[PDB]
Each structure stands twice: as C-alpha cells, then as structure tokens.
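3C-like proteinase, liganded with masitinib.
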Protein chains: 2
Amino acid sequence: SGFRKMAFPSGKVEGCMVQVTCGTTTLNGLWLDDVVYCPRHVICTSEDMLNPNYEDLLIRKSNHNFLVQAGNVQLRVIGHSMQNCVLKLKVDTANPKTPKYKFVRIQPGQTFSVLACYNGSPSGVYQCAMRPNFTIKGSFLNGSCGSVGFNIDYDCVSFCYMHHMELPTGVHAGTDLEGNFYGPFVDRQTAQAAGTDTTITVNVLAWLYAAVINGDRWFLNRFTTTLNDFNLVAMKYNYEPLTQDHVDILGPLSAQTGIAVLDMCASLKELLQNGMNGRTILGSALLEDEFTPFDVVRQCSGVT
Amino acid sequence: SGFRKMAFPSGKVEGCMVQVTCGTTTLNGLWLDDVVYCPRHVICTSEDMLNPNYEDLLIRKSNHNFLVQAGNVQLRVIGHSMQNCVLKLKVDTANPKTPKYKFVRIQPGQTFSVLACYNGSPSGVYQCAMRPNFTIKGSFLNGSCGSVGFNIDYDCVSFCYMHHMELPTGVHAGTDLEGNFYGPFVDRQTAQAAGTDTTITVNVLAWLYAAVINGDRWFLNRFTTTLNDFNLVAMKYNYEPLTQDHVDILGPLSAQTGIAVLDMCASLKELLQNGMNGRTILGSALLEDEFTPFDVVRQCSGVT
Ligand SMILES: Cc1ccc(NC(=O)c2ccc(CN3CCN(C)CC3)cc2)cc1Nc1nc(-c2cccnc2)cs1
Ligand SMILES: Cc1ccc(NC(=O)c2ccc(CN3CCN(C)CC3)cc2)cc1Nc1nc(-c2cccnc2)cs1
C-alpha cells in the first residue's frame, strides 16, 4: 500500500559522476568506459555566452585545459571532441564501475530519475517527467549542469537526460546523451522561454487507477463515455488527446481493477468539470500527471 | 530553482542489502561488517502470528536454518541472537562495502530516505517523514520487510528505520536499528491501528519559506501575529504547537527571505482560515508538511 514519487536506486550512476573543470568553470561529467561526457558550455567564458562559436572555442583548447577528478583521483585527458552540445573527453583509464548502459532518448510524458550533483558529488535523487513542451520541472542550483537523468531496467542503465540550463520560469532544459536538446532550446544566451504546456492525460488516468488500487474510490461513477466525447472535454481543459494506443496501454490496470478505461474517463471528466469538492486522491488535491502506466504497475500491487 | 521531494543517493545502502530466508519466509536484511540485521518475524509461521513467543521460537532455530544471500553469493551464518524486535545474524564475512554508519533514532516530524527492496534487491528510493503518531506513509508491498530508512551526512549513513508491517489504513510501522518500535505497535497479530495524527507546523512554515525562495509570494501579507495567538489557530486546525525553539530553527530561512517567522505565521493563519482560492504553492493545492527546515536549506538556494 501507498504511492510515492519513487526514483530508481542511484548507486550505478553515482559511480559514474566526475568533476570537470575548464578555466574557472566547474561542472559535472559522466564517466563511462574511457570517456567523460559533459555540457560543452564548460569551455565558455562570460564574454562568450552572447554569440559563441563552439567550434572555434574548442579548437583553441588542448587536453591539458580540462581537469577531470573522480573522487580524489585525477583522470588524465588524452583526447577531446564535440558531439552536438556535449563534449567527449577521452581519458586514460576506463571507469571500473561502468554499468551496463544505453543512451536512449525519451518522449514527452515519460518519466525518469535525476541524480542531482555538485562538483562531481551526488547530492540527491528524485523523479521527473519530460513535459509536453520538452522542459522538466527539476530541482537544480548553480553547479548542477552535467547532472543526468536515467531509468534502470534489470541491470541496464538507460541514460536519457543531461542537464544544461535553467529557463526564466524556473524550469529546466537539457539534452539526450548524444548532445541533442530536448525541445527548441540552445546553449547560448537568448530570450528563450518554455512554450505552452499541456497535461499528460494518459498519466492522470494511470494515477486514478493507482488510487483505486490503493482504496480511493469516491470519484468513481456508473457512467461511461465515448473516446470522441472525452476528447472534446480534454481539449477544453488543456489535456492531451487520448488515443486508442493509450487505452491499450492502460489495459493491464483496467483488467486489474475491473474498471474500463472509458469508465475511468467519465470520472476524469467529472473531476475536470466539478473539482474535488474538498477531497483528496492519493494525498493530492490536484490531478497528478507525472506517473506513467509503467510507473503505476511497477509500484502498485498486481492482485486481480 | 525548483523544489522536489528529494532522497539521498542510495548507493551506500544498496551495497548493504541482502536476502534472508528462514523456512518459506523471505525478506530483506542489512549487512554491516560481519552482522546481518533483519526483522525477527522472519522466524514466524502462520500458526505463530497469533501469540508468538519469540524467545521460544528462536531457541528452536540453528544457524543452518537461516539462508543469507548477497547477490549471487551465499553468506554462512555462524551466530544468531535477538535484539528487541530485530535479529542479528553473525556471518563469516565482513561486508567490504560497509559505509561509515550510525544507528540513530529519529523524532516525529523528521524526514528520511527509504530504499524499498524485494528479495534483497533494491527497487526504488523515496523520501518519508515520521508522522506525529509514529507511522510513516510509505510505499511498500509484500516482501518489503527489512527495507531501511536513512539519512546521509558527509560520508556517514545514519540508519533510522527498518520496515516491519503495514497497518489497516495502509500506513507503515517499524523499528529503529536497535529493534525498538516507533510508536505503540508490536510485531504480532492484533487489531492495532494508527492513532490520531496532527500536521507538522514547523515543516509547513519551512515549506512556505521554500516557496518564497522559489518565487511564490501570493500568500504573503503585511500582518504579524503573536506566538500565543498563532497557537490558538494551530489547535483549531489540528496543527502542532509552535515553540520558540521552532522559531529559532527557522531563523536562517527568515533571514534569507527577510520575512520574520511570526510574519509568515500570519500567512499560514490566513491559508488555514481561507484556503488557497484556486491557487497553488510549489505545485501543491495542499499545505505540505513533510519537508523539515534542514530539507529546505539543503535543497534551496542560499542567496540573501
Ligand atoms: C546554457 C549555459 C551556457 C553557458 C554557460 N556559461 C556561462 O554563462 C559562463 C561560464 C563561465 C564563465 C567564466 N569565464 C570562463 C572561465 N574563466 C576564464 C573565467 C571567465 C562565465 C559564464 C552556462 C549555461 N547554463 C547555466 N545553467 C545554470 C543553471 C542554474 C540553475 C539550475 N540549472 C542551471 C546557470 S548558467
Ligand atoms: C508484523 C508481522 C508479523 C509476522 C509476519 N509473518 C507472517 O504473518 C507469516 C510468516 C511466515 C508464514 C509461513 N510459515 C513459516 C514458513 N514456513 C514454515 C511456512 C509457514 C506465514 C505467516 C509478518 C509481519 N509483517 C508483515 N508485513 C507485511 C507488509 C505488507 C505490505 C507492506 N508492508 C508490510 C505483510 S505481513
């Protein structure tokens, strides 16, 4: 029983975090085999953030300009190259703690764990979702760049996010581990801002199923809706459209609770139109959209 | 920017988790130096949960009745003893991954990280608070007993909680690592239930400070209250009394925001009496009480 924002255990990633210094800029890197990955803006100056040409900036660097430290051990840099918005620093030692890993790119609406680090040292772990507008609502301070987001499946770490910047509304943007930004953001100084966002409908439905499995039932009703009629309501309240694939993905949770997806959609319509009338669902007075169907199945009992 | 329920990185504890089997019962244990700690109810049967005498049950066990597995490695048990509600299994190998550690007992209102484990294998990490009634609102399924709660300060893991049971309302109870239960609960079958709970006032105030530091200010006002007048309102809404020591503990956050504690108490009084009128604070429509002042300082910027 219970339902929490639960991250993956972080030990496999902790053993990969290093400190990268270039000039007077320090940030975090990810050490896998004999390569350290970090944001390329580590090579920038304050006089460079206006209109940087990173190809120029990197040609003017040598391996000796990069100081890499793993705990109390200095790693010797023997090669450097750019890949999109990340830097690859080849080092003379393979990381003995390298887990089985993959570099994946995630979709908006999917979740992952973030290991927030400062000066190469892990500080905390929390769960994040990629928003529809390709930002994340993280918790990061100055020094956190190069912190990573990941999921773990059996023994394998799938890295999906490296942190690069904070936008003016306080939300965060970054890249996959190939250095390609999520969303229409760049690693330079501009007036860039998060675009309009939407609520992740399939996740809200998953979380209503989690609530039923955990004994909250007050929002259920005897009505069922059609998919087209539900999607008219979704549009009005700035929810994403629900697809048949979403309905299919919710199949296991529907079977376990015996509540058809379009039955639960009729509950969600009533919550959107009427509010909660002073009640809560899984300790929240808002509809929560940062749990995927997978997250719910992973955490919740499977009985029925 | 941002504010998340953030756990401590879990790697130091992951390396301590083992599987303990006795008969057909499997649960988790904590392997530190050459001792494995686990709930003593691992030695129980279904015909024993009524009125167990654990001293009798343990006298009838031998070391060979305990199977301990660390990953794919079986640990040989060479001694067993009871300490209050935990069992200490002496093994023939010290854990090479033992961190610096302490066994601490926490106070109601304090927070800690939980590493949820199944079959000796870590599954997820989340943040928990000890409620005033000595329960925790965790996320645990069958098989999770023996999972631990902890905080980390510099290199040192302070273990404070071992999981033993789920109460009828879905909340959880357990012991410190000396085997002494938090609250009026026992590791046998009774009608025991969580007692009445209260909201942790100093934590709500800390979280309002976190909100101000993160730019939410709509709930602020020009009024200040007295401590006695605030505590009359606290009583009415089932909040704990605020003490001068609480005011002192909030000193750093008050100085950083320039908002006196009794000024912020006047905001909290208005929120309690009027609600939020459709607005949110740090993405919540409820007043959140599971962040301590320390948690806020640890996570939030320190500027001002
Ligand atoms: C996207 C980006 C692009 C360039 C930079 N770098 C800089 O602005 C910068 C870097 C280094 C310097 C110092 N110079 C270079 C070193 N030395 C020669 C002195 C002069 C001055 C400015 C940072 C970022 N990203 C940032 N992320 C944050 C941040 C804050 C809070 C949460 N998450 C991210 C702050 S700045
Ligand atoms: C407090 C307590 C006391 C005794 C027990 N153990 C049992 O009830 C029990 C243990 C073992 C058996 C099997 N027997 C012994 C082994 N073998 C001889 C077969 C017969 C039957 C029952 C469990 C607990 N705690 C439990 N925690 C949970 C639980 C569920 C979800 C979340 N957190 C905890 C379920 S039972």
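Chain identifiers are assigned alphabetically from A in the order in which the sequence lines are presented. For chain A, we keep the numbers from the PDB entry: what you see runs 1-304, in order. In chain B, numbers come from the PDB entry; the residues present are 1-304, in order. Indexing begins at 1, ligand by ligand and atom by atom, following the structure's order. Determined via X-ray crystallography, 1.6 Å.
Other chains within heavy-atom reach of masitinib (ligand 1), distance under 4.0 Å: A. Residues in other chains coming within 4.0 Å of masitinib (ligand 1) by heavy atoms are A:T24, A:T25, A:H41, A:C44, A:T45, A:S46, A:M49, A:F140, A:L141, A:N142, A:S144, A:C145, A:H163, A:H164, A:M165, A:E166. Across chain A, the UniProt domain dominating contacts with masitinib (ligand 1) is Peptidase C30.
Near A:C145, with a cut-off below 4.0 Å to any heavy atom, the atoms of masitinib (ligand 1) are 26 (C), 27 (N). Masitinib (ligand 1) has an N or O atom lying under 3.5 Å from an N or O atom of A:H164, backbone or side chain. Listed by atom number, the atoms of masitinib (ligand 1) under 4.0 Å from A:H163 heavy atoms are 32 (C), 33 (N), 34 (C).
Residue A:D187 places no N or O, backbone or side chain, under 3.5 Å from any N or O of masitinib (ligand 1). Per-residue contacts place A:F140 under 4.0 angstrom from the following atoms of masitinib (ligand 1) (heavy atoms of the residue considered): 31 (C), 32 (C), 33 (N).
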